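Have a look at the structure below before the remarks.
Heads up: numbering here begins at 1 and tracks the sequence. Order of appearance sets the numbers: ligands from 1, and atoms from 1 within every ligand. Just the heavy atoms: all of them, side chains too, but no hydrogens, waters or symmetry mates, feed the values below.
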Amino acid sequence: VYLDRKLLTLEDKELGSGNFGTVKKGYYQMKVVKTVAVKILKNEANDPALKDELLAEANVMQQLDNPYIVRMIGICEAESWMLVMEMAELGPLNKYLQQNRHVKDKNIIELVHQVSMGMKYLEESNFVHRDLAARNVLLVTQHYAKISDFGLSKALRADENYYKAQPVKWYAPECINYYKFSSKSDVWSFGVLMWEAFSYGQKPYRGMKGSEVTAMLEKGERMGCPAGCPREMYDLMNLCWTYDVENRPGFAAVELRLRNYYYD
Ligand SMILES: NC(=O)c1cnc(N[C@@H]2CCCC[C@@H]2N)nc1Nc1cccc(-n2nccn2)c1
């Protein structure tokens with residue numbers, strides 16, 4: 001659970017930042033060092049929401065064990081609170097495609113299929129991600145994607161099929177209208193993730209407010225087919241963007257459709 005700060009090296013130059021604080025690269029001496037990515041809570045982890053958001057992520061990651069989900073090494077309590085994870089060496093999918101416009105359609109299918117296998121496992125484990133987007137898919141290699149950023153993720157109780165709540169562009173209508181998050185709402189987000197990936201990390205619904213996205217979706221309109229996107233992958237996006245939750249496919253159906261297409 002708890003790691004020795006003296007066994008952790010952090011590089012000065014951040015990989016990036018969020019509201020939570022910074023992401024730093026380093027290594028942890030567990031033998032052989034392990035390259036790590038570290039979320040460091042800003043301001044000595046003063047904010048109890050941040051600490052819960054780290055713990056939440058930490059607690060979710062701890063419970064999850066799957067090749068397409070980022071693994072946690074532990075928590076280090078030093079200059080700040082640090083969530084220490086296995087390093088996804090090539091970084092977030094949206095950034096990598098933005099800077100590598102040459103990646104082939106076939107390579108993108110392989111990666112989004114890997115995401116669908118991680119999500120299928122999440123759905124089987126009755127977890128809802130609630131932040132599934134290209135920025136929260138991390139590349140280990142050019143051909144190995146993992147899902148990360150479980151800060152908003154919820155372990156569903158056995159007596160429930162959705163989380164009722166107290167990134168709208170990635171949210172299904174029932175999330176916006178009824179505050180209901182299910183594996184089916186994650187399928188909708190996976191639709192937007194696919195559009196992002198075939199759009200080489202472009203933002204969805206460019207220049208639109210959330211309320212305008214809601215209005216467009218209510219009129220039955222959908223984002224157009226990305227340049228070079230195979231028709232079968234745009235068909236699957238549109239299937240993920242099924243308005244009616246009951247008729248939207250789950251990740252079992254999504255993973256099977258991506259598997260069959262990819263391996264043929
Ligand atoms: N390797 C991990 O285990 C890891 C887990 N989670 C995250 N989460 C971050 C939060 C901030 C947005 C981006 C992402 N969703 N990043 C990770 N690594 C990583 C590796 C290279 C670059 C970056 N990077 N580039 C810009 C910012 N961060 C991150």
Molecule at ligand 1; choices MK-5108, CB-5083, VX-745, PRT062607 = PRT062607
**Report entry** Chain with most contacts to PRT062607 (name per UniProt)
**Finding:** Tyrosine-protein kinase SYK
Which residues make up the contact shell of PRT062607 at 4.0 Å, heavy atoms only? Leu15, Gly16, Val23, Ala37, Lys39, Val70, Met85, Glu86, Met87, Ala88, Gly91, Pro92, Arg135, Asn136, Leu138, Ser148, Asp149
- atom 8 (N) of PRT062607: which protein heavy atom is closest, and how many Å away? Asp149 OD1, 2.9 Å
For this session: Run the numbers for me: atoms of PRT062607, each under 4.0 Å from some heavy atom of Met87, listed by number.
Result: 1 (N), 20 (C)
Next on the checklist: Please list, in number order, the atoms of PRT062607 under 4.0 Å from a heavy atom of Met85.
Outcome noted: 3 (O), 5 (C)
request  = Name the closest protein heavy atom to atom 27 (C) of PRT062607, giving the residue it belongs to and the distance to 0.1 Å.
outcome  = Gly16 CA, 3.4 Å
**OP:** Please report which non-hydrogen protein atom sits nearest to atom 24 (N) of PRT062607, along with the residue it belongs to and the distance in Å to one decimal place.
**Re:** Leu15 O, 3.6 Å
I'm curious, in chain A, which UniProt domain holds most of what contacts PRT062607?
Protein kinase
Which residues overlap between the UniProt ATP-binding set of chain A and the residues with a heavy atom under 4.0 Å from PRT062607? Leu15, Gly16, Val23, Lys39
Exercise. For PRT062607, which atoms have a heavy atom of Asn136 less than 4.0 angstrom away?
Worked result: 15 (N)
Open item on the list: Among all the protein's non-hydrogen atoms, which is closest to atom 14 (C) of PRT062607, and how far away is it?
Closed with: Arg135 O, 3.6 Å
For chain A, which residue flagged by UniProt as active site has the shortest heavy-atom distance to PRT062607, and what is that distance to 1 Å?
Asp131, 8 Å
TODO: Specify the organism recorded in the entry for chain A.
DONE: Homo sapiens
Please write down residue, atom name and distance for the protein heavy atom closest to atom 6 (N) of PRT062607.
-> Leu138 CD1, 3.6 Å
Checklist line | Exercise check, heavy-atom protein proximity under 4.0 Å to atom 12 (C) of PRT062607 | finding: no
* Asked: In PRT062607, which numbered atoms sit nearer than 4.0 Å to a non-hydrogen atom of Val70?
  -> 3 (O)
Checklist entry - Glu86 to PRT062607: N or O pair under 3.5 Å? => result yes
Atoms in PRT062607 with a heavy atom of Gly91 nearer than 4.0 Å: 20 (C), 21 (C), 22 (C)
### For atom 1 (N) of PRT062607, the protein heavy atom that lies nearest, with its residue and separation
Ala88 N, 2.9 Å
